[PDB]
Amino acid sequence: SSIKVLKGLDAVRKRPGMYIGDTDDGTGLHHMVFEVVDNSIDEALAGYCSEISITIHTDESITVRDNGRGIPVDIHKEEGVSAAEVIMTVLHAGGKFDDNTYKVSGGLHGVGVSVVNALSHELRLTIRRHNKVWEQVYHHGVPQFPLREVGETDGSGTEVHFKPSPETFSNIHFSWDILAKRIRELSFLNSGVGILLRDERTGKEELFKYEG
Ligand SMILES: CO[C@@H]1[C@@H](OC(N)=O)[C@@H](O)[C@H](Oc2ccc3c(O)c(NC(=O)c4ccc(O)c(CC=C(C)C)c4)c(=O)oc3c2C)OC1(C)C
């Protein structure tokens, strides 16, 4: 089972353009952010998330944080690992790739966040759920340790800090303009959700919240 999962992540790293799009022209790089944000938006659509933040760090890493339920943490009998680890490591975890419905939400969201994990040289997942803080670190999608309880919290939600792999992507430089344009659109499409974009490289920040 563990070998099968590692092979799946290796397949993403072998042919990244088939999962994320062009790895040189910035389209795949920005898709990495948009896939993580789309998971937070799904939590807003479900009725649990009102706040999403996207932070661009000085090392061109990204943090996406939401105040949703937090990815479930309970250990599966079958995989022997947290539900969260399965979500972060298995393409379309728990289900099929929907060849009928990918045209609406995109193929990338159809395979899911495990692609972002596979194509990140490092990813830190922090979950706030049931008053506990859980963390898991990955490298190229491979967990460093099982999801572990690291603290207590009054908050809930999911935080993903990822560093795109320079083995996958050339010209790893995020565009404020590309991110802001899409975030403004997501705000318009998702009334009441506050989407905060912060660029620590420049000190630029902008809250997008549509009240229509
Ligand atoms: C990347 O994870 C995404 C989530 O992303 C974010 N940012 O929250 C979100 O888009 C959505 O999150 C869901 C989707 C479904 C449930 C959901 O059905 C829940 N209900 C439960 O009672 C529950 C409790 C334990 C448990 O193991 C599961 C199934 C586990 C799943 C679906 C990962 C569900 C729940 O607590 O949280 C859920 C959450 C947080 O789907 C994921 C997990 C693929």
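Residue numbering in chain A adheres to the PDB entry, whereby the residues present occupy positions 10-221 in order. In listed order, ligands and their atoms are each counted from 1. We read in the header that X-ray crystallography, 1.3 Å was used to get this structure. The figures that follow rest on heavy atoms only: side chains count, while hydrogens, waters and symmetry mates do not.
- In this entry, more contacts with ligand 1 come from one chain than from any other, and the PDB entry calls that chain DNA gyrase subunit B.
- The drug at ligand 1, chosen from lividomycin, novobiocin, asundexian, carbenoxolone, is novobiocin.
- Residues of other chains with a heavy atom under 4.0 Å from novobiocin: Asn48, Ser49, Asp51, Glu52, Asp75, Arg78, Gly79, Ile80, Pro81, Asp83, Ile96, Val122, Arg138, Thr167.
- With hydrogens left out, the protein atom closest to atom 7 (N) of novobiocin is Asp75 OD2, 2.8 Å, a heavy atom.
- If you check which protein heavy atom lies closest to atom 29 (C) of novobiocin, you get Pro81 CG, 4.2 Å.
- For atom 10 (O) of novobiocin, the protein comes within 4.0 Å by at least one heavy atom.
- Below 3.5 Å of separation, one finds an N or O of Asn48 facing an N or O of novobiocin.
- Of the protein's non-hydrogen atoms, the one nearest atom 24 (C) of novobiocin is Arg138 NH2, 3.5 Å.
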